[PDB]
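Caption: pramocaine together with Beta-lactoglobulin, bound form.
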2 protein chains.
Amino acid sequence: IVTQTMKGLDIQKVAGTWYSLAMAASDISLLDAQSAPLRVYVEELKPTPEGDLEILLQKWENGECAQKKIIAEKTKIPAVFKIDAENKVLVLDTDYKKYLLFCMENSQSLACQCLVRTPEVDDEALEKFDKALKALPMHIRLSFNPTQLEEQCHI
Amino acid sequence: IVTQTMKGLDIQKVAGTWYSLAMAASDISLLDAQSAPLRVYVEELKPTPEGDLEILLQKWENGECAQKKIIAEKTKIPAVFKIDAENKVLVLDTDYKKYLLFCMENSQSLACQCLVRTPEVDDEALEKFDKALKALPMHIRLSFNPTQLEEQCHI
Ligand SMILES: CCCCOc1ccc(OCCCN2CCOCC2)cc1
Ligand SMILES: CCCCOc1ccc(OCCCN2CCOCC2)cc1
């Protein structure tokens, strides 16, 4: 369903600190509550030397903001990785220095994010995210202010 | 804060059947859950002869989809009405035959909607709603498919 990907992705250069500035999803129920399944906040991305991608994130479950770690295994397409359960991650676009657009999907369920390096509202990167999105059937879209970004689980 | 209004509003011609196709709000907490305070679905608008506006809507409270009725009292500006508690309703735009854009606000808390006559996705009217919105600090946006539109409380 998502037919936008980044050409030439250097997976090593996305390592380190990120902020989930915005999130959208095909179904309201995937992002609606604090503990919605795809309301996940990205802390940091760790690409192994052999080209896999470890993701550190945060996730409200049972009243608490928990850390989580997950490995997204590489594929033959450099902009596409696999998490196990089945789930595909796709990198749509990034300039490495400021923003990164990604989506995750199954086999028409879908959630995408605007990751940014610093705790600021980047209008430019939200435009691009909004453009990449109009091509997709989203029904819920959220965004966070600089205060919430510095908080665990964006409270 | 919202500085868009409709010139020449004929309040009588908005009477009757409407569908809340989309909703946006300044704070996630105003629309996030089924029972969020501004997650209100519009059923029908009844403009009195003396220019006031009765609103029939639906609202999930305590496990059930309840009907509600409210009166929005007129003002000297024909595109602005008052509900009592304090709350201002503003009509931003409408073509009467298909769509109506409105916002409601207090004294920087804000929620807006794309109302449409029929249970269809009107891309045109969602554009306009999205344009009217970029001028505003929204942090949550939702939209409903034709099935959910025919259901009480859009389930
Ligand atoms: C290159 C882009 C990196 C972002 O990739 C993802 C980050 C988080 C994801 O969320 C997976 C959901 C994690 N679950 C939380 C609770 O259930 C178990 C794991 C998926 C991809
Ligand atoms: C001309 C546009 C008509 C839409 O106007 C409104 C429709 C619903 C509104 O919602 C008011 C919130 C209703 N509350 C629900 C639970 O608390 C008590 C009333 C406000 C304006």
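Lettering: A, B, C, ... assigned in the same order as the sequence lines. Going by the PDB entry, the residues shown for chain A are 2-86, 89-110, 115-162, listed in order. Note that chain B carries the PDB entry numbering, so the residues on display, from first to last, are 2-86, 89-110, 115-162. Values below: every heavy atom of this structure, side chains too, minus hydrogens, waters and symmetry copies. Counting starts at 1 for both ligands and their atoms, in listed order.
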Judged by heavy atoms, which other chains are less than 4.0 Å from pramocaine (ligand 1)?
->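 The other chains with a heavy atom that near are A.
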Contact partition for A:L54 relative to pramocaine (ligand 1), non-hydrogen atoms under 4.0 Å =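 Looking at A:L54 and pramocaine (ligand 1), just side chain atoms fall under 4.0 Å.
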At a non-hydrogen distance cut-off of under 4.0 Å, which region of A:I71 contacts pramocaine (ligand 1) (side chain, backbone, both, or neither)?
->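 Near pramocaine (ligand 1), A:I71 shows its side chain, while the N, CA, C and O stay back.
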Under a 4.0 Å heavy-atom limit, does A:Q120 contact pramocaine (ligand 1) with its side chain, its backbone, both, or neither?
->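 The answer is neither; A:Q120 stays 4.0 Å or more away.
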Pick one of side chain, backbone, both or neither for how A:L46 approaches pramocaine (ligand 1), counting any non-hydrogen atom pair under 4.0 Å.
->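 The answer is the side chain of A:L46.
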Option of least heavy-atom distance to atom 19 (C) of pramocaine (ligand 1) (set: A:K69, A:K60, A:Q59, A:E55) =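 The nearest heavy atom belongs to A:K69.
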Pramocaine (ligand 1) versus A:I84, non-hydrogen atoms closer than 4.0 Å: side chain, backbone, both, neither?
->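 It is the side chain that gets close, since no backbone atom is under 4.0 Å.
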Around pramocaine (ligand 1), which residues have heavy atoms within 4.0 Å?
->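 Non-hydrogen contacts come from A:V41, A:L46, A:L54, A:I56, A:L58, A:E62, A:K69, A:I71, A:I84, A:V92, A:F105, A:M107.
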